[PDB]
Chemist: 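Examining a structure with avibactam (bound form) at the moment.
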Amino acid sequence: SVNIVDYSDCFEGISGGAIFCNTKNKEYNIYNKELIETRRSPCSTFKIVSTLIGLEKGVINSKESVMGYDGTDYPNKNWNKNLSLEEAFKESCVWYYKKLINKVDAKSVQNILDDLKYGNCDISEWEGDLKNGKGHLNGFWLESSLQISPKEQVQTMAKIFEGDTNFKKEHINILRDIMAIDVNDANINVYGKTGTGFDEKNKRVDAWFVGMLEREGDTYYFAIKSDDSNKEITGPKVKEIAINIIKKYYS
Ligand SMILES: *C(=O)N1C[C@H](NOS(=O)(=O)O)CC[C@H]1C(N)=O
Ligand SMILES: NC(=O)[C@@H]1CC[C@@H]2CN1C(=O)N2OS(=O)(=O)O
């Protein structure tokens, strides 16, 4: 079942690991086991769960749902509008997801994380890593108190998308909808979300791509993670590595 594998050829000399799990036939493919078991901040990958929280609590209702943009100026052009759930997810729009999560009481979030077994489920630093100076552009899921391992990410993904949580199927399908990506291969369906952060304590990136793939009957849940010391390594870069792994070993 648990197969140690070597995907270093796809990592282009970047430090990281990967885990792919097929729950039907229990095949667990692990590259860099120590890293895959290490908890780190989820960064923007948490938007997968925060979207479901918002849908479940009725803060948002569909992929068109808006959060009432108030005119605040942001450097990313596409944050400066009353964007829908679908575009806020794809743009990783921090103000949208901060306003969303701050409409939900802390006990509801704690119980949902507990139910999902979401890493350390530690939301004690609700406001986030305020020492970085970024103020309200912060939260417990952004290089702060909440931490989860790549293995636990995969377990959470599988629980959600195999229908094993109490989240509504309608809401699960919205997530599938907005997480779908185009890999120029119609023979596989890939879904995911990136994450980018810098671990200031250890001087290492937290660069993520987490999601799942479907091809000809089988579904693999996956998490690819870099902990490189090179600050240029981002979520988008690790998503490229993930796509190379998928095209090479999961075709
Ligand atoms: C989430 O990881 N973040 C928000 C934004 N999106 O990054 S992503 O492209 O990897 O999704 C960039 C910064 C980052 C953050 N912690 O602010
Ligand atoms: N971010 C993506 O979705 C990636 C990046 C570029 C395209 C779409 N995609 C691929 O897999 N690509 O590469 S391509 O297959 O070689 O054309």
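Start at 1 with the first residue, then count along the sequence. Counting convention: from 1, in listed order, for ligands and their atoms alike. So how was this one determined? The header says X-ray crystallography, 2.0 Å. These values consider heavy atoms only, across backbone and side chains, with no hydrogens, waters or symmetry-generated copies.
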Chemist: I need every copy of avibactam (bound form) for my figure - which ligands or chains are they?
Modeler: ligands 1 and 2
Chemist: Please provide the name that the PDB entry uses for the chief contact partner of avibactam (bound form, ligand 1).
Modeler: Beta-lactamase
Chemist: Is atom 12 (C) of avibactam (bound form, ligand 1) in close reach of the protein, with a heavy atom under 4.0 Å away?
Modeler: no
Chemist: Before signing off on this row, confirm whether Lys134 and avibactam (bound form, ligand 1) have an N or O atom pair separated by under 3.5 Å.
Modeler: no
Chemist: Given that the side chain starts at C-beta and the backbone is N, CA, C, O, which of these parts of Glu143 lies under 4.0 Å from avibactam (bound form, ligand 1), counting heavy atoms, or is it both or neither?
Modeler: neither
Chemist: Any idea which atoms of avibactam (bound form, ligand 1) are less than 4.0 Å away from a heavy-atom of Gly195?
Modeler: 2 (O), 10 (O)
Chemist: Could you pull out, from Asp206, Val94, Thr196, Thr234, the option with a heavy atom nearest to atom 10 (O) of avibactam (bound form, ligand 1)?
Modeler: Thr196
Chemist: Near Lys193, which atoms of avibactam (bound form, ligand 1) are under 4.0 Å from a heavy atom of that residue?
Modeler: 11 (O)
Chemist: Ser44 heavy atoms, cut-off 4.0 Å: which avibactam (bound form, ligand 1) atoms fall inside?
Modeler: 1 (C), 2 (O), 3 (N), 4 (C), 5 (C), 6 (N), 7 (O), 11 (O), 14 (C)
Chemist: Identify the covalent link of avibactam (bound form, ligand 1) to a chain by residue and atom.
Modeler: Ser44 OG
Chemist: Name the ligands and ions, other than avibactam (bound form, ligand 1), that lie under 4.0 Å from that drug.
Modeler: none
Chemist: To which protein heavy atom is atom 8 (S) of avibactam (bound form, ligand 1) closest, and what is the distance rounded to 0.1 Å?
Modeler: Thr194 OG1, 3.3 Å
Chemist: Which organism is on record in the entry as the source of chain A?
Modeler: Clostridioides difficile
Chemist: Identify the binding-site residues of avibactam (bound form, ligand 1) at 4.0 Å, heavy atoms only.
Modeler: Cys43, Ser44, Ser92, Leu142, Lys193, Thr194, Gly195, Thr196, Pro236
Chemist: Anything under 3.5 Å between an N or O on avibactam (bound form, ligand 1) and a protein N or O? List each pair with its distance, or write none.
Modeler:
from	atom 1	to	atom 2	distance (Å)
avibactam (bound form, ligand 1)	2 (O)	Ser44	N	2.9
avibactam (bound form, ligand 1)	2 (O)	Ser44	OG	2.2
avibactam (bound form, ligand 1)	2 (O)	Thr196	N	2.9
avibactam (bound form, ligand 1)	2 (O)	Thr196	O	3.4
avibactam (bound form, ligand 1)	3 (N)	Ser44	OG	2.4
avibactam (bound form, ligand 1)	6 (N)	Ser44	OG	3.3
avibactam (bound form, ligand 1)	6 (N)	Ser92	OG	3.2
avibactam (bound form, ligand 1)	9 (O)	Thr194	OG1	3.3
avibactam (bound form, ligand 1)	10 (O)	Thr194	OG1	3.2
avibactam (bound form, ligand 1)	10 (O)	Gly195	N	3.3
avibactam (bound form, ligand 1)	10 (O)	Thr196	N	3.2
avibactam (bound form, ligand 1)	10 (O)	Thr196	OG1	2.8
avibactam (bound form, ligand 1)	11 (O)	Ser92	OG	2.9
avibactam (bound form, ligand 1)	11 (O)	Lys193	NZ	2.8
avibactam (bound form, ligand 1)	11 (O)	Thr194	O	3.3
avibactam (bound form, ligand 1)	11 (O)	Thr194	OG1	2.9
avibactam (bound form, ligand 1)	16 (N)	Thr196	O	3.2

